[PDB]
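A structure with raloxifene.
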Amino acid sequence: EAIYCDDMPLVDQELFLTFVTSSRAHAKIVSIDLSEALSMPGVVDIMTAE
Amino acid sequence: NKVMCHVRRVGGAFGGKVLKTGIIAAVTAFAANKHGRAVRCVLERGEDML
Amino acid sequence: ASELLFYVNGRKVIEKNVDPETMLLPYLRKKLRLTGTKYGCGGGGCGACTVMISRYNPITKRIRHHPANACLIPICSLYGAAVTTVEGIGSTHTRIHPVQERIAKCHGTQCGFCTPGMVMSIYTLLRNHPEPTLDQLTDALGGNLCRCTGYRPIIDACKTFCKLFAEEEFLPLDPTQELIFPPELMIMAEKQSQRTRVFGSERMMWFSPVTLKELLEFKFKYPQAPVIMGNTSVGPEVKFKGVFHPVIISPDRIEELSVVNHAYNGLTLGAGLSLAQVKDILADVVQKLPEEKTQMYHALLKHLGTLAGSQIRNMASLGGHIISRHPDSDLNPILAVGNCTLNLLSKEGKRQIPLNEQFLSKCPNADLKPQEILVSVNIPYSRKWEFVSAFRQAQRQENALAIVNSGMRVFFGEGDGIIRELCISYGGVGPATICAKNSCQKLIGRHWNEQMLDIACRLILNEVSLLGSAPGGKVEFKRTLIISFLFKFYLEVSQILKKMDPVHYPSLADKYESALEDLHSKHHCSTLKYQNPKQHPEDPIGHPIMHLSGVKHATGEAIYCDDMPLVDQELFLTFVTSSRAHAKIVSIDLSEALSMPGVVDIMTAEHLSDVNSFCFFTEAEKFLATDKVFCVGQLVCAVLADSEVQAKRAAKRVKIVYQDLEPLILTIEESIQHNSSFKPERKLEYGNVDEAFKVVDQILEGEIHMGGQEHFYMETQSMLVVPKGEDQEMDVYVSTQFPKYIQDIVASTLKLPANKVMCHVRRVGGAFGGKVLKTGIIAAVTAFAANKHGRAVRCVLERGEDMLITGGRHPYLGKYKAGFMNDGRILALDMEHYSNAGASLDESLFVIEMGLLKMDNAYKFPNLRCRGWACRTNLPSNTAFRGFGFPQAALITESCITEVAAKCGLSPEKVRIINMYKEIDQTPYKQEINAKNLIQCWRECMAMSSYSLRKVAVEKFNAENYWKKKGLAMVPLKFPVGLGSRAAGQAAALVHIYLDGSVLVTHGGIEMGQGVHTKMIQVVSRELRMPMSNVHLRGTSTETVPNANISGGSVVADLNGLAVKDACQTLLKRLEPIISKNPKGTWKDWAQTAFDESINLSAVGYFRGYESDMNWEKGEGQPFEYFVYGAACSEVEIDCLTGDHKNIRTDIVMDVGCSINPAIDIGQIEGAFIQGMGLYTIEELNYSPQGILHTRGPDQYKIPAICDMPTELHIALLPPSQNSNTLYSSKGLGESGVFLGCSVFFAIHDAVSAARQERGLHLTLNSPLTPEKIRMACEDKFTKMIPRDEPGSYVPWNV
Amino acid sequence: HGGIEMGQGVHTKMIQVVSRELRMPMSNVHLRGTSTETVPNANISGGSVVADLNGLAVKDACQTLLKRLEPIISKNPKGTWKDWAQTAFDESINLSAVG
Ligand SMILES: Cc1cc2nc3c(=O)[nH]c(=O)nc-3n(C[C@H](O)[C@H](O)[C@H](O)COP(=O)(O)OP(=O)(O)OC[C@H]3O[C@@H](n4cnc5c(N)ncnc54)[C@H](O)[C@@H]3O)c2cc1C
Ligand SMILES: O=C(c1ccc(OCCN2CCCCC2)cc1)c1c(-c2ccc(O)cc2)sc2cc(O)ccc12
Ligand SMILES: O=C(c1ccc(OCCN2CCCCC2)cc1)c1c(-c2ccc(O)cc2)sc2cc(O)ccc12
Ligand SMILES: Nc1nc2c(c(=O)[nH]1)N[C@H]1C(S)=C(S)[C@@H](COP(=O)(O)O)O[C@H]1N2
Ligand SMILES: Nc1nc2c(c(=O)[nH]1)N[C@H]1C(S)=C(S)[C@@H](COP(=O)(O)O)O[C@H]1N2
Ligand code: MOS
Ligand code: MOS
Ligand code: FES
Ligand code: FES
């Protein structure tokens, strides 16, 4: 019965956020392609540093 | 005075729920304000440890 | 098979397998999450659900915009259309529309619940008319209701599209870059599809034919199915009268039904035309055609424009109006006398029938065949010597159903002046529109003279007879209106005949001519006067700061209690109320209701066991009825279901068997006859009245009755209770005035400590004292449901059940014996106050106390004895109301002063002056008062209003007019302010200063539209010397500020302001060392420095309360802290033949002290005055001999609209004096202006006296002064002629 | 208070403090959680001192309330906390306190 954070009920029309993390320990980011990911089911937005 | 933080309980932290927690909360809140929706962000064990 | 496609706010909406019963208002709020559109009544009368409908006509390639009420729109009728809500035209996170900016910045919002409807009505007009007149804007708002503002600031915002605000800073309107009509809708409209659209469910089938051939086919296959057009007749009867249709036919823009043919003999209007379109067609024809031909259209053009508001006129269809055959129809009686024919059509073929008396009576031989539709209606041109008139009288001028209306027509023989044809039709005098065809037949052959008029009157009275038990009541009033309209029709025809043929007819008497002019003025004017050297510019105290939520009110972004989003798996609760005034509960059958879809639980008194009761004041009382019911509307059952629709359906199949009990008490005199038990008497005694009656020159005994009043908060009772799931914690979100009381009754019902239950209130959409007692009872029952089933539960009441469950203002009976000198000095007064308390007495004994302590008003009665009692009746128990007994008690006193003035032969104003308190004087409770501002308010009101000049002009008018009289009156005001105890006046606050310099403040007060949160931040901005933008407030909660008193008593801003001031001063004392060390620093610098030096930045503010005491045994004490003084002058004109009246001008001067916010305070005077004006005039509650509140037809409750607001309104605030005891020398107003509305009451009393005095009749006018009471007091040949019934020979509709 | 419950039992110790300082059972005290809307400018819940410092702050608020009420308890020493609280409201004594 103890309510932890994720135990809180679904509030109306709430969205979910997950992160794409780095797979390199020290590298240049030469390009990022979101075109496929943006067009997939459920996707509302994808944010970068820009 | 526009932003309020509420915490009932934490399922363990040991110093690991401070800095990066705020970075994720800042990015999550930016998403929530941008799209006028509540946003949930819960990490899996793998991406958490990383 | 079909899908539903339409647009809302520019975005596409697709629904597959739609439920055809779905309505637009719940769809917008719960499906699309657009809660800007509000629920107000659900009958099309209030306009809080006003939206804009856009359609593209592919034939005329034009886009049409028109307003509509979303509560009556089924979404299946929106295919291919575009809806626009408040959120569509602007928002704070996109761009504010000029309409939203101005209605907010002009202070046209208080509680803000009606603002979304106001915005959409104004916005929809500006799209059709970007450069409009004020007449067009006021007409668009005719169906929009507001309980807070008095309409004056909203009209000021409307005027800007043709001081308290900077008009020159408003955003300019740009007719371009407005909302673009969705291009896709234009495309599918161009593809003129012929396919009939089909929607269905288990309960309903919906057919939308788009061709005439398909419409005739569905009319044949489903003959009993209704042809829905505007749903303004079938909609309400489905919602309120339990009507259900399994199959619905709803055609879509069929050209044959919208034909406008300008024929040679007449003109033909299609049945699909809206009443607003017909109004525009007829308004154009009466200009392009000669006047002798446009007689029928002028009469229809007259009753159109008083018919409902702009929203209903744009929804309702012409054919729907004729087929509906409402008895109160304003158009059918005109069409009945005009030789109109109905063009019918069926799969068989064409058919033409006359629109006569038999058709309106639904005789099958003259009705439509089941398989036929009404295509169009022929309305012929009038001939020479043919005249048509239309008359009507309602509770108010517009948006109110007619008590009696009429249509009359004459045709004269050209060469003899003899009546060749005559047809008179009346509405609102029976089940259907009737025609006096027999009396008309007997009048054929006569001439147009007074002798024919007398015969006609006696004839129709015999033919158009009503029983004493006629539904709607007002029987004698209806009888008088029938022959009064005939008299007006006689004078109208007599004048045009004298104009056309002067040698054969006499001239009208000069005093008689005013009866032909109707009372009207859509022109509105107003002036506002207030005060303003070495005060800091950044100090906002005294400046007209806008309401903090003003813009959020206009954009629909303000969150009210029902606007909160759907929490997970929440349930809905609705109540089964009592249908008997006093009866035994024999049995309750829940078996059927429990088995219906969605039903989770149903609770009775036995299911609540030992928590069914609660001790509110003096005794424990039940939430739900046990074995008896003591009034209609008493709570019996609570139905809990998965949805609101399922809960209401289940509640209706609950079976309750009653057995009526005697006695059945309804009136105060009945309560006195049957009460032989002890009743706590309460008395004030000043001087010696028994000895004073021996010296007085004259003595009079009089009494006056006064009806109650419904609060009519635009937001109905609403609450959402949510269990946390831990330790039985309960969060209770309620629209209430008393969060601490909600906490007590909920925790007590759950057997929990107070620390487990928290009540949170952000804002209340109006309350006026009506969201306290019953709100907690509902909240306690909802919370019991929530805890029992582990679910959040929502409870929102509909307007009908809201008016039944909650109480209203206490009706009063005042009885006085006055002893007075010949000069008017009342040296002896023996007063008696009686209050209709309802089923319970706890609230009423406090309103009797306050009535006695304030009945003196502005008068020093040297020898006074007052006494008061509360009386139980089998009616809904009445609650507190704005004024708290003063509008009743002071109206009793002014009625006695008016009666004294009549005996001594002076104006009531001369008697008021000589009886007024001196500058230094003493009250009956032996409190010393300073009445300099009372005398000043009276002096400056006389100068500002030009009373002496107008007094001469009104007497001059009454001398030259017989059937119309003007009236004038001025009343003074002394509203004392005090709660009776010091503990009742304590307040608290909590202020945080965060390290970035920003401030969060909260307090115990509740925002109900009075702007207390705005004033609280005005205080913080001064005390801590920061801009108001640096401080924010979220709401009110028992988790932040505990033990807060009720938000009432005219002191919410006073006490919470002193508490907020206390917290700010505590923080400034702590920070003074830092401020002196860094005086050029910012609040961010000071706050961070305080944190670094370990200085607390949180502080609790607290005020102990004003000193107050009252010893009722001695009748002495010091109960009040200060006194609000003022005076008001009102001028009216009445129609002696109909009871209609027009508020011409009102002037108000008010002692406010030092106004903290003049915009808020002036708005409090306007709203209170208008709310009082309705209390004394048009607002009327009608109960049956069985104790049932009547609510249909002419019995509908009417609050003041725009047409009721005075044409001219001058308001001035007295230059301030010193009041060091109060916050910034201010005075808590907002309850005081209610009594000032009686200045209109006694102005009508003045006009009625002028008619009775001229006619030689030598007066007791009760409140409210309805058109019924005004008309019957103006006795004449007509009132003396009507038939009357013996008093006990019938059971009437009303008591 | 400003402390955070991570499993170390700080809320249990806080109510243990209130139960002693106000001389009332722990069942008469309740805590909901932590919020910046009720207690502002709170430090990090760390450094092995969370119960230490918030305990002294909770103790400070309890002593402020006990000082305000002391005239009322000494007038009715046999009374309950319900009696003392209602009497404080009737005599216009603030029952909220920041520690
Ligand atoms: C708030 C409010 C205020 C009002 N005020 C007034 C007022 O002041 N004065 C006044 O006179 N009236 C007033 N009315 C009544 C209003 O004028 C009528 O309800 C309206 O004109 C009916 O038209 P409708 O299109 O809404 O009908 P619907 O509700 O769509 O239909 C009503 C009936 O008409 C039938 N029908 C419609 N079209 C056809 C057709 N082509 N062929 C056959 N049958 C057809 C339907 O089958 C149904 O039986 C008011 C109504 C409301 C809701
Ligand atoms: O025949 C008349 C008529 C007859 C007598 C009149 O009397 C004129 C005044 N008379 C003078 C003598 C003493 C009594 C009053 C007037 C009109 C017509 C009329 C009339 C109007 C009122 C009324 O009460 C009676 C009749 S109206 C008319 C129209 C016509 O085309 C022809 C005749 C007429
Ligand atoms: O301010 C009061 C009030 C204050 C003291 C009262 O009596 C004190 C005794 N006490 C009452 C509650 C049960 C326990 C005994 C009664 C009402 C008002 C109310 C109240 C407050 C708390 C509560 O638990 C129940 C009702 S309701 C109300 C309506 C008004 O118009 C004015 C004051 C009020
Ligand atoms: N807009 C608005 N103004 C209102 C009311 C209301 O419900 N809505 N209630 C009145 C009542 S009943 C009272 S007692 C006061 C309470 O607030 P105040 O003391 O700050 O004037 O507001 C008055 N003005
Ligand atoms: N169960 C539990 N115990 C815990 C922790 C935790 O996350 N969970 N954190 C530790 C850390 S990092 C600190 S600094 C302290 C903080 O609380 P305290 O000061 O009351 O001991 O709790 C310690 N004990
Ligand atoms: O005092 Mo106003 O809430 S009846
Ligand atoms: O001090 Mo523990 O919060 S790292
Ligand atoms: S007009 Fe529809 S809710 Fe009032
Ligand atoms: S502000 Fe209009 S109803 Fe309250």
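Lettering of chains follows the sequences in order, A, B, ..., and the numbering in each one begins at 1. In what follows, every heavy atom counts, from backbone to side chain, and hydrogens, waters and symmetry copies are set aside. The deposited model was determined using X-ray crystallography, 2.7 Å. This depiction is restricted to one part of the PDB entry, and every contact reported falls within that part. Whatever order the structure lists ligands and atoms in, that order sets their numbers, starting from 1.
- One finds raloxifene in this model at ligands 2 and 3.
- Contacts with raloxifene (ligand 2) are greatest for the chain named in the PDB entry as Aldehyde oxidase.
- For raloxifene (ligand 2), the other chains with a heavy atom below 4.0 Å are labelled C.
- Counting heavy atoms under 4.0 Å, the binding site of raloxifene (ligand 2) comprises C/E414, C/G415, C/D416, C/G417, C/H447, C/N449, C/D501, C/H504, C/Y505.
- Of all Mo-molybdopterin-binding residues UniProt records in chain C, not one places a non-hydrogen atom under 4.0 Å from raloxifene (ligand 2).
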